**Student:** 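Lab note: structure loaded, ligand of interest is vardenafil.
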Amino acid sequence: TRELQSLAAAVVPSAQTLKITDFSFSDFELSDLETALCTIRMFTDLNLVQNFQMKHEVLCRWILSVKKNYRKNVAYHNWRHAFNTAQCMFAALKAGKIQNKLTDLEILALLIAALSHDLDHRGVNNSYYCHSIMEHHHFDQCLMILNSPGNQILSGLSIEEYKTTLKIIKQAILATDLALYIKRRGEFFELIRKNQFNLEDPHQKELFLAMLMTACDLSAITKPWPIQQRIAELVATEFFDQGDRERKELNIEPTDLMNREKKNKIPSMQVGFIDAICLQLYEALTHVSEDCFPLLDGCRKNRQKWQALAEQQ
Ligand SMILES: CCCc1nc(C)c2c(=O)nc(-c3cc(S(=O)(=O)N4CCN(CC)CC4)ccc3OCC)[nH]n12
Ligand SMILES: [Mg+2]
Ligand SMILES: [Zn+2]
């Protein structure tokens, strides 16, 4: 197609030029083409392209297939969300020096998981066990796109490497289920508090990869004020939109969190979210690698901003 040809023939700027290494990155002013280019640069600079012999044309087709399976009409959970979640992964890996800690297969899987973790989201969200139903669909959608002809970027992996990487991908995507985060963090935080966290440990690695997946998933809560505010409105819009649709299809009144009225509470809500969900995660990630401090730092600054508003409100 015309779009595939343009992407495959375009020049991919450097990571430094695309500024995808900084945790303060923002996609707002980038076109759809520029994001895909950034995506390519990510697979490139993590050495996934050559270490796994990826055919440039196939990588481009896959990236387009993944971006396609996201619905733009969905306020927040769309391609830009997936792209940013992946960009945070890259930054954490590079700027956050998390790369030397993982294997190429783990990295390969994480990048892929990051890009496809919310595939075909329909704007139906939760509150806080639901058995990761939503996440399961996101994986099927991911698996499918990896099997579709000319989209098989995992060709070149031995049978075992494929079976391995697939498991890691499945787990990373499902990990993005907040219910699972709430379930597993307790153990993670305790290992970090007792200064006995060990990545050399299979299970503690699986736990780390899960925690890392969630940190990137929520990266927006750590971004610079302009950006955070801008994305919180996408999030708010999705929720309110859901409350309306739900009161329509069903006869159920929206929770304050999801009904348009009572929007004056987003500041108050934002503080609670950060306190109960984000902060601990980013403070813990910083314990695993101080180079991730930027995330924790920005999460904090965001709380100050939201706290002020919640009162001044
Ligand atoms: C996909 C939903 C999760 C998510 N991702 C992001 C980036 C965001 C974000 O900025 N904000 C929210 C977000 C989260 C909650 S909450 O349900 O977690 N909240 C309920 C009440 N309790 C107090 C007892 C505190 C916690 C409430 C409002 C929210 O956002 C309004 C924009 N959720 N969110
Ligand atoms: Mg999800
Ligand atoms: Zn997500």
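Positions are given from 1 along the sequence. All ligand and atom numbering here is 1-based and tracks the order in the structure. Hydrogens, waters and symmetry mates are skipped; everything else that's a heavy atom, side chains included, is used.
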**Student:** Which instances in the model belong to vardenafil?
**Tutor:** ligand 1
**Student:** Specify the chief binding partner of vardenafil (ligand 1) in this model, using its name in UniProt.
**Tutor:** cGMP-specific 3',5'-cyclic phosphodiesterase
**Student:** Side chain or backbone, does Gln270 bring an N or O within less than 3.5 Å of an N or O on vardenafil (ligand 1)?
**Tutor:** yes
**Student:** Hey, looking at atom 22 (N) of vardenafil (ligand 1), which of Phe273, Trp306, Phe240, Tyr128 has the closest heavy atom?
**Tutor:** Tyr128
**Student:** Which UniProt domain dominates the contacts that chain A makes with vardenafil (ligand 1)?
**Tutor:** PDEase
**Student:** Just jot down the vardenafil (ligand 1) atoms closer than 4.0 angstrom to any heavy atom of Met269, in number order.
**Tutor:** 27 (C), 28 (C)
**Student:** Examine the proximity of vardenafil (ligand 1) to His77 and report which part, side chain or backbone, both or neither, has a heavy atom under 4.0 Å away.
**Tutor:** side chain
**Student:** What are the atoms of vardenafil (ligand 1), with element, lying closer than 4.0 Å to any heavy atom of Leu257?
**Tutor:** 17 (O), 27 (C), 28 (C)
**Student:** For vardenafil (ligand 1), which atoms sit closer than 4.0 Å to a heavy atom of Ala236?
**Tutor:** 32 (C)
